[PDB]
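Drug bound: acarbose. Macromolecule: Glycogen synthase.
All residue numbers in this chain count up from 1 along the given sequence. Ligands are counted one by one from 1 in listed order, and the atoms in each one are counted from 1 as well. Quick note: numbers below take in every heavy atom, side chains included, and nothing from hydrogens, waters or symmetry partners.
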Amino acid sequence: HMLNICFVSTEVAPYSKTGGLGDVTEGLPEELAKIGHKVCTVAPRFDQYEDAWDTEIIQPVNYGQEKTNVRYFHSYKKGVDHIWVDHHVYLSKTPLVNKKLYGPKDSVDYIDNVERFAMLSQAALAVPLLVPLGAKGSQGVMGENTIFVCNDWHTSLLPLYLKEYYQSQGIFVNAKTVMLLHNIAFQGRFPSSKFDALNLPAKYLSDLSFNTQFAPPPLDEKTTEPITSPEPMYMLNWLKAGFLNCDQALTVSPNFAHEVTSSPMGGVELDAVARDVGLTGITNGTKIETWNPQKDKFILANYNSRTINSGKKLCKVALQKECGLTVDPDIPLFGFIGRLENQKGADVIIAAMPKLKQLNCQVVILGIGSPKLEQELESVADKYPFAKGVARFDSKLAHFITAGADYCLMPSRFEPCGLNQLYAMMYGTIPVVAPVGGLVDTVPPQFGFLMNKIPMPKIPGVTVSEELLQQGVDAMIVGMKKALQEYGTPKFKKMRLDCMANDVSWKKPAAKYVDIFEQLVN
Ligand SMILES: C[C@H]1O[C@H](O[C@H]2[C@H](O)[C@@H](O)[C@@H](O[C@H]3[C@H](O)[C@@H](O)[C@H](O)O[C@@H]3CO)O[C@@H]2CO)[C@H](O)[C@@H](O)[C@@H]1N[C@H]1C=C(CO)[C@@H](O)[C@H](O)[C@H]1O
Ligand SMILES: Nc1ncnc2c1ncn2[C@@H]1O[C@H](COP(=O)(O)OP(=O)(O)O)[C@@H](O)[C@H]1O
C-alpha cells in the first residue's frame with residue numbers, strides 16, 4: 001500500500017531551479033502523490049517563498065564544526081509537501097530570487113559548500129520525525145518507515161548521517177536510502193582537509209577516499225581554472241561514499257547507467273564503484289501542464305496534432321520575426337536551448353556557422369554561461385544572417401523556439417537524460433541529438449535523428465582543441481543532413497505526428513520507481 005517517500009535536493013521547481021534536476025523533483029513527486037503515496041521534498045530555503053509558512057520547529061545541526069539551528073518552513077501543493085530548510089547561509093547569499101544557488105559566478109562555487117550541503121543532509125533527516133504533513137499539517141509526521149531519495153552529490157552524505165546519527169541509536173532502523181544520480185560529472189570532490197567539517201567518525205574515511213589527477217578549482221571563491229595534476233592526488237568524494245552507503249543507486253536513463261558502469265570515461269572515474277554497487281536507469285518523464293501546444297500560455301497560436309499545419313506554421317513565422325530572421329515557413333529551422341557549457345556543445349554550433357550556410361536552414365540559439373561564449377553568441381547574427389543568438393534566460397523565447405522550430409538540436413557531449421527533446425516531441429518538433437546517454441533512449445528512429453559522437457576534451461578542464469571542436473562540427477552536421485533529407489516530405493509530417501503521440505509523462509517511469517521502492521521495504 002502507501003509508501004513514505006522523502007526527496008532531498010538543492011532544487012525544486014518552480015521555487016528553485018538551474019536546470020533539469022528541479023523539474024524532476026517537481027514532476028516525479030507529484031506523480032507519486034497522484035498514485036496515492038505520501039511524498040515530501042526537502043530543500044534549502046533560498047528565498048522567502050510566499051506560499052510557505054514557518055512551522056515554528058527548530059532543529060540543532062552542525063555547520064562545519066559550529067553548532068547551529070535550522071527552522072523549517074512548509075508549503076503544500078498538488079498533494080506534495082515541500083519542506084524548506086531555513087538558515088542565514090541559504091537565504092542571505094544574494095537578494096536576487098532563484099540565482100546563485102551554488103556560487104557567485106558561473107563556474108565558481110561558494111567556499112562553504114561543504115558546510116552548507118552537509119547541513120542540508122542533517123536537517124532533512126529530522127523532517128520525517130518532526131514536520132506534520134498535509135494541508136496545514138493536519139496529517140501528522142511521515143515517521144520512521146521512510147525512503148529517502150537523495151538527489152545528486154549535494155545530498156550524498158545523507159546515508160552516512162542516517163547510519164551514524166540515527167540508526168546507531170535505533171531510530172530509522174527500517175528507513176531506506178536511494179541515491180538518485182542526475183549527473184556524474186559533479187561528485188562532491190573536496191580536499192581531504194575538509195574531512196573534519198563533516199562531523200563523521202573515521203569509519204567512513206575509506207568510503208569517502210579517492211585518488212585522481214582532476215580536482216575542481218580551489219576553494220577561494222574566484223579561481224575558475226581546475227587543478228589538473230601529473231600525479232594522482234588524495235581527496236574526498238561524497239558521491240562515492242553515497243554510492244557505497246545507500247540501499248540502492250538509480251539514475252535517469254538506462255543507457256546512461258550503462259555508460260557509467262562501462263568505463264572510466266563514462267562514469268568519470270566512478271565506474272567501478274557503480275558496478276560494485278549496481279546502478280539502474282529509469283528514463284525521466286515530464287509534466288504536461290506548462291509544456292504542451294494545446295494550452296501553452298506564451299506562444300502566438302495553440303495547436304494539437306490535427307491543427308499542427310495551421311498553428312505551428314504561425315508559431316514558426318512568429319519565431320522567425322522575433323529573431324530577425326527572414327520570414328518563410330519553408331526554410332527548415334533548428335533550435336537550441338541550453339547552458340553554454342562543455343556538456344551541451346553550444347561551442348560546436350557557433351563554430352559550425354561557416355559550414356552551415358550550405359545547408360539552407362535557420363538556427364536559433366538560446367543559453368547562458370561563459371561570458372565569452374555569451375559574447376560570441378550575440379555576435380552570430382552579424383556574420384550569419386540565417387542564425388540568431390540570445391544570451392539570456394528567457395522562458396517566453398524558449399516556448400517560441402520549442403513550438404516554432406522544426407528541429408530541436410542537442411549536440412551534447414554527454415547527457416544523462418535531457419529534457420528539451422521531450423518537450424520538443426510534445427510540440428511535434430523533431431529532435432536531432434547526439435548519440436549519448438538518455439538521448440539514445442528517448443529519440444529512437446521513429447521520432448528523430450542521431451548525430452555522430454561529439455568528442456570530449458582530451459582531459460576535463462582543458463578547453464577543447466580546435467581539432468576536436470571541428471570533429472564535433474562535422475559530427476553534428478551529419479545528423480542535421482540526415483534530418484534535412486526528409487524535411488517537408490510525407491515522412492516529415494508523419495514523424496511530427498508520431499512525436500506528438502509519444503507519451504513522455506511521469507506515469508510509466510513513476511510506476512518503475514514504485515516497483516523499486518516496494519522491493520526495498522519488503
Ligand atoms: C543542470 C544541472 O544542474 C545541477 O548541476 C549543478 C551542480 O550540481 C553544481 O555543483 C554546479 O556545478 C558547478 C561545479 O560546482 C563547479 O565546481 C564546476 O567547475 O562548474 C559547475 C557549473 O557548471 O552547478 C551545476 C549547474 O547548475 C544538477 O546537479 C545536475 O543534475 C543538472 N543536470 C542534469 C539533470 C538532469 C535531470 O534529470 C538530466 O536531464 C540532465 O541530462 C543532466 O544534465
Ligand atoms: N537560457 C535558457 N532559457 C530558458 N530555458 C532554459 C535555458 N537553458 C536551459 N533551459 C531549460 O532548462 C532545462 C534544462 O534541462 P536538461 O535539458 O535536463 O538540461 P540540464 O543538463 O541543464 O538539466 C530545460 O527544460 C530547458 O528548456
In terms of chains or ligands, where should one look for acarbose?
-> ligand 1
Best match, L219, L21, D109: closest heavy atom to atom 16 (C) of acarbose (ligand 1) = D109
If the model gives a covalent tether from acarbose (ligand 1) to a chain, what residue and atom sit at the other end?
-> none
Which of these, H154, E225, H182, has its nearest heavy atom closest to atom 7 (C) of acarbose (ligand 1)?
-> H154
Quick one: nearest non-hydrogen protein atom to atom 1 (C) of acarbose (ligand 1), plus distance?
-> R339 NE, 3.3 Å
Species of chain A (entry) = Cyanobacterium sp. CLg1
Heavy atom of the protein closest to atom 29 (O) of acarbose (ligand 1) (residue, atom name, distance) | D152 OD2, 2.5 Å
Which nucleotides or residues of neighbouring chains are within 4.0 Å of acarbose (ligand 1) (non-hydrogen atoms)?
-> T18, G19, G20, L21, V24, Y102, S107, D109, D152, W153, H154, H182, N183, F186, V252, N284, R339, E341, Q343, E415, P416, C417, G418
